[PDB]
Asker: 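Looking at a complex of N-phosphonacetyl-L-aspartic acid and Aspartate carbamoyltransferase here.
The chains referred to below are lettered A, B, ... by the order of the sequence lines, with proteins before strands, and numbering in each begins at 1. As the structure lists them, so they are numbered: ligands from 1, and atoms in each ligand from 1. Values below: all heavy atoms of this structure, side chains included; hydrogens, waters and symmetry mates excluded.
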Amino acid sequence: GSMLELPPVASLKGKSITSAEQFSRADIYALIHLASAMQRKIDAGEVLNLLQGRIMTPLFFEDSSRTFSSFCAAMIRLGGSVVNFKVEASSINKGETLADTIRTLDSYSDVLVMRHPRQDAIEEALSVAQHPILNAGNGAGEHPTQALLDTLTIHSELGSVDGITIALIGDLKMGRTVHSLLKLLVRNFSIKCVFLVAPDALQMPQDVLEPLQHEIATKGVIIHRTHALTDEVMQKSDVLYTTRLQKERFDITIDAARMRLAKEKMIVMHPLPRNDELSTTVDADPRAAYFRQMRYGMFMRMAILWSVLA
Amino acid sequence: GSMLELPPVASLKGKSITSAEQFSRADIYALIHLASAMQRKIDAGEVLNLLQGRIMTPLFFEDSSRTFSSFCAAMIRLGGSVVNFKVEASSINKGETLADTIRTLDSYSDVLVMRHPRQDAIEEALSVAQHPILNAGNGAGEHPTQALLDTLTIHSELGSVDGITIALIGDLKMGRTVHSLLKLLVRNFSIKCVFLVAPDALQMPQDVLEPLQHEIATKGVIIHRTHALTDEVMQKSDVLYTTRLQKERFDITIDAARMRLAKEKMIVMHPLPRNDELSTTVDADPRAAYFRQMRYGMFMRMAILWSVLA
Amino acid sequence: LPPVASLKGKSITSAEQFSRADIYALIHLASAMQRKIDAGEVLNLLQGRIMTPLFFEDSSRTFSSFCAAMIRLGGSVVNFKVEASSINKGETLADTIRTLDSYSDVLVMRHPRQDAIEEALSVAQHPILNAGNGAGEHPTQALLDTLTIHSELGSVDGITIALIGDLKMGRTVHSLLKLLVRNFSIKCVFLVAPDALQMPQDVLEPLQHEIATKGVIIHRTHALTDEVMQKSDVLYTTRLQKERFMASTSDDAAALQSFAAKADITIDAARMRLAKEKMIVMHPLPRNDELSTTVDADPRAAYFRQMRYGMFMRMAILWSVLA
Ligand SMILES: O=C(O)C[C@H](NC(=O)CP(=O)(O)O)C(=O)O
Ligand SMILES: O=C(O)C[C@H](NC(=O)CP(=O)(O)O)C(=O)O
Ligand SMILES: O=C(O)C[C@H](NC(=O)CP(=O)(O)O)C(=O)O
């Protein structure tokens, strides 16, 4: 992969990432191609030195395994460095405010990666930070880089995004992942059909669906609400994207039996982590893409960091 | 051409840093000049490779945001590395002593950065370590690199340290920052006047004032106590250095209204974190330098690290 | 700095997986790495490679020396912390392994459960290095301990070694006894512990063939007798593993008390007056009161230098695994 170019995505340069609404179809494709080239070079064992002497600081005010780790790994694999700031042993225990904490890490860093239980926390950070801030999850609001890596996953597994039927399953109300993903998909691609599969209490919120109505209508995107993985859903979906019940903010299980109803050419996705909604019996199935999904996330996050800091 | 552009301060080579007392006026000017050269290169986007293959290990037995992070960032910006040792998950929980803990990190590292709630813990660490130890705060004692970066901030903001009138405000008793700062300023500069602004119970300790007796007399420094931030203090001070009540170790509030009495040209400083003593209404004021102070912190710690390890 | 080829791309689980030739090639590579680092040389061997530590229980030396080792090879570290991870959202151990496996070149794993490493092995593609699995094994400890003996005394064959303290729960002495006996011609091993904390059968029995055919003497005592002090070339002593005895049961109370009450195993300056001239005192660390600070000034106290040999052995290991 040594002869592949790594052109940064210019429209991302020096900008904070807060929403899936920020990106055009052309940004996304260009991030996909960049991530793909990142993957090729890293897998061939090539050493990248694009971000030498640039610092990423993670500001994680809630738990994370994948998002924290992929961002760190992505930064390192670009030749960058990470300052390992941790909230629990910080000067917040001395009474420091969220705003002063952002200002503090912003003094040392080239980019901040921020996750916070309050939906409004990243606007607050944005209002005081000089350097780009990447939204790693703002309460039940959004998770725009998950959306990007999820789309990368779809494109690499199935070969296209236009024309798919996708089921978003589980806690759609509190799932910031499915908020960002639906936005990113409906705004930039010709989705055929979206199954919104959730108990009534946990349906996709109105504040996500409504701003999309113009695009849903002009592109003819079919939106179908269910409360179960019916036979129809199992048989038409090219992607089953399922989610964890977001317990910390307070049928639909996929197992191998349920999987014998699925199409030959489809993928099962989950942003992770999972509880019982997604059975380990599915893990050996080639259509299980939720592990590969995590590796795609590192390479997308490399495409993003390089584009922001180039 | 490092030895022209970033000459290390030779006097610091291979030595621990424990007190503001160990530095001459010439050391401080050499560090300031090296620090602002660090700043010039980093701000222009130049990558430093001075300390590749060298390791800094933080040993923080109390909370920190600024001191930990700026040391980690400074190390990284010099091309060096950090081993992220955390006290809370260490073999101290198996009953290891402080001395054994120090020998352990001393075995792997080139330099240790230590913050500890006990005043004598730095001297206990020195009696066993082979490599330099940088005192990042020892109980209510001293914070010597804070005094260095505070002095860089004064010099860079105002142009001069000789001849200033400075107010040290808040919890002067337990304020390890004002202990070191007063030492550093009075031993090496001809300060016109110091205001110590605190009720008697939180006044500057006698063990700080007494040993400065010779310098106070020889340079004719004026020193007054007040119990409040009076109009006279407001109108005469070039530097308002304010501090947090160190609650964990047991009117003077600056706000926009009080700032209406300040000189047109002066700075408000605070080593941070702040509580109610320094109102956010001050933040927009050009004289508010307590955010820029954090960034000088990084560059001073670059100058220090490079000098210790060159 | 030639990598030891047998280690390439392989997980490290047990002291049993190494040959004599493996051990000497690691020793020589470790000592070659020490030469260069001490001379101030910078190594770029693993630039762009990532090590992720997965520690589910406490560590100072193993965690820090793996990180430092990785760094001094030019490699990098992703500082994954269990306490603030998605484990709190209910993620299983398996799914945790697969997660960090997606980003890393090698995982260094310590877990209070003996079978956890094997479970990690069954899901991960990249090599896993056992940094301690319960009271089970600590394979890189045994390797660095052997480097220490070799560097300090000059030779491993022919030694008399006392293994002292909590031998029941001591994963270090488990790995070390296997490594030594499988691959060296040991003259004598003193198993010095109270009965309640003696070396387990599941360690000794698989070694019995080698013990017998090599004619290795095994002597059990519950004290540091004159005989042990005068004969031993190495006194390898251990901490009582209190955390393996947190049940509040009578079985646990008896085991915990026996360390001091049913044995006489403290090493202090007075005791060291009985030791030979050419020998070393070792301890994987951390220590409590079983190894007195009055021994620290003795040239025969090797337990601090042992930590430094540890960093160099771990460099030789990481480089050999990842080359
Ligand atoms: O938490 C979830 O279930 C989904 C989603 N998960 C992630 O981003 C992965 P992690 O929490 O491991 O970073 C999130 O919004 O945090
Ligand atoms: O804590 C204070 O208020 C003053 C001073 N503050 C600092 O050093 C900044 P930090 O605690 O963020 O490193 C200290 O002595 O800790
Ligand atoms: O814990 C002991 O007493 C011996 C042994 N110690 C070590 O490995 C050193 P550590 O805990 O510092 O990494 C262990 O098995 O953890």
Asker: Name every ligand number or chain letter assigned to N-phosphonacetyl-L-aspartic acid.
Answerer: ligands 1, 2 and 3
Asker: Which other chains sit close to N-phosphonacetyl-L-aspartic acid (ligand 2), with any heavy atom less than 4.0 Å away?
Answerer: A, B
Asker: Hey, could you tell me which residues sit within 4.0 Å of N-phosphonacetyl-L-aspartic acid (ligand 2)? Heavy atoms only, please.
Answerer: A/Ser91, A/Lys94, B/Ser64, B/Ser65, B/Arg66, B/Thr67, B/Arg115, B/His143, B/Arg176, B/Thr177, B/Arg244, B/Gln246, B/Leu272, B/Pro273
Asker: Find all atoms of N-phosphonacetyl-L-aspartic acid (ligand 2) within a distance of less than 4.0 Å from any non-hydrogen atom belonging to B/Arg115, and give their numbers and elements.
Answerer: 7 (C), 8 (O), 10 (P), 11 (O), 13 (O), 16 (O)
Asker: Just which atoms of N-phosphonacetyl-L-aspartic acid (ligand 2) are under 4.0 Å from any heavy atom in B/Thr67?
Answerer: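 Those atoms are 7 (C), 8 (O), 9 (C), 10 (P), 13 (O).
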Asker: What atoms of N-phosphonacetyl-L-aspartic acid (ligand 2) come within less than 4.0 Å of a heavy atom belonging to B/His143?
Answerer: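 In order of number, 8 (O), 15 (O).
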Asker: Using a 4.0 Å cutoff against the non-hydrogen atoms of B/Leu272, which atoms of N-phosphonacetyl-L-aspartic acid (ligand 2) qualify?
Answerer: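 This gives 2 (C), 3 (O), 4 (C), 5 (C), 6 (N), 7 (C), 9 (C) as the contact atoms.
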Asker: Can you list the N-phosphonacetyl-L-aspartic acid (ligand 2) atoms lying under 4.0 Å from a non-hydrogen atom of B/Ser65?
Answerer: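 Matching atoms, with element in brackets: 10 (P), 12 (O), 13 (O).
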Asker: Per the deposit, which organism is listed for chain B?
Answerer: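 According to the entry, Trypanosoma cruzi.
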Asker: Give every pair formed by an N or O atom of N-phosphonacetyl-L-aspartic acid (ligand 2) and a protein N or O atom closer than 3.5 Å, one pair per line with both atom names and the distance to 0.1 Å, or write none.
Answerer:
from                                        : atom 1 : to       : atom 2 : distance (Å)
N-phosphonacetyl-L-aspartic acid (ligand 2) : 1 (O)  : A/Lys94  : NZ     : 2.7
N-phosphonacetyl-L-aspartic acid (ligand 2) : 1 (O)  : B/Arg244 : NH2    : 2.7
N-phosphonacetyl-L-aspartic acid (ligand 2) : 3 (O)  : B/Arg244 : NE     : 3.0
N-phosphonacetyl-L-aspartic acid (ligand 2) : 3 (O)  : B/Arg244 : NH2    : 3.2
N-phosphonacetyl-L-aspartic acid (ligand 2) : 3 (O)  : B/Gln246 : NE2    : 3.1
N-phosphonacetyl-L-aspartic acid (ligand 2) : 6 (N)  : B/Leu272 : O      : 2.6
N-phosphonacetyl-L-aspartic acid (ligand 2) : 8 (O)  : B/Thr67  : OG1    : 3.1
N-phosphonacetyl-L-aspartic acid (ligand 2) : 8 (O)  : B/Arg115 : NH2    : 2.7
N-phosphonacetyl-L-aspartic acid (ligand 2) : 8 (O)  : B/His143 : NE2    : 3.0
N-phosphonacetyl-L-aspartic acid (ligand 2) : 11 (O) : A/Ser91  : OG     : 3.1
N-phosphonacetyl-L-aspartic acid (ligand 2) : 11 (O) : A/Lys94  : NZ     : 2.6
N-phosphonacetyl-L-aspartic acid (ligand 2) : 11 (O) : B/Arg115 : NH1    : 2.9
N-phosphonacetyl-L-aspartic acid (ligand 2) : 12 (O) : A/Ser91  : OG     : 3.1
N-phosphonacetyl-L-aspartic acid (ligand 2) : 12 (O) : B/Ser65  : N      : 2.9
N-phosphonacetyl-L-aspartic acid (ligand 2) : 12 (O) : B/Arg66  : N      : 2.8
N-phosphonacetyl-L-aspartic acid (ligand 2) : 12 (O) : B/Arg66  : NE     : 3.0
N-phosphonacetyl-L-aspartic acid (ligand 2) : 12 (O) : B/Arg66  : NH2    : 3.1
N-phosphonacetyl-L-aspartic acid (ligand 2) : 13 (O) : B/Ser64  : OG     : 2.6
N-phosphonacetyl-L-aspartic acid (ligand 2) : 13 (O) : B/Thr67  : N      : 2.8
N-phosphonacetyl-L-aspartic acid (ligand 2) : 13 (O) : B/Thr67  : OG1    : 2.7
N-phosphonacetyl-L-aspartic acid (ligand 2) : 13 (O) : B/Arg115 : NH1    : 3.2
N-phosphonacetyl-L-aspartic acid (ligand 2) : 13 (O) : B/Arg115 : NH2    : 3.4
N-phosphonacetyl-L-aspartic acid (ligand 2) : 15 (O) : B/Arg176 : NE     : 2.7
N-phosphonacetyl-L-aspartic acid (ligand 2) : 16 (O) : A/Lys94  : NZ     : 2.7
N-phosphonacetyl-L-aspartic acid (ligand 2) : 16 (O) : B/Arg176 : NH2    : 3.3

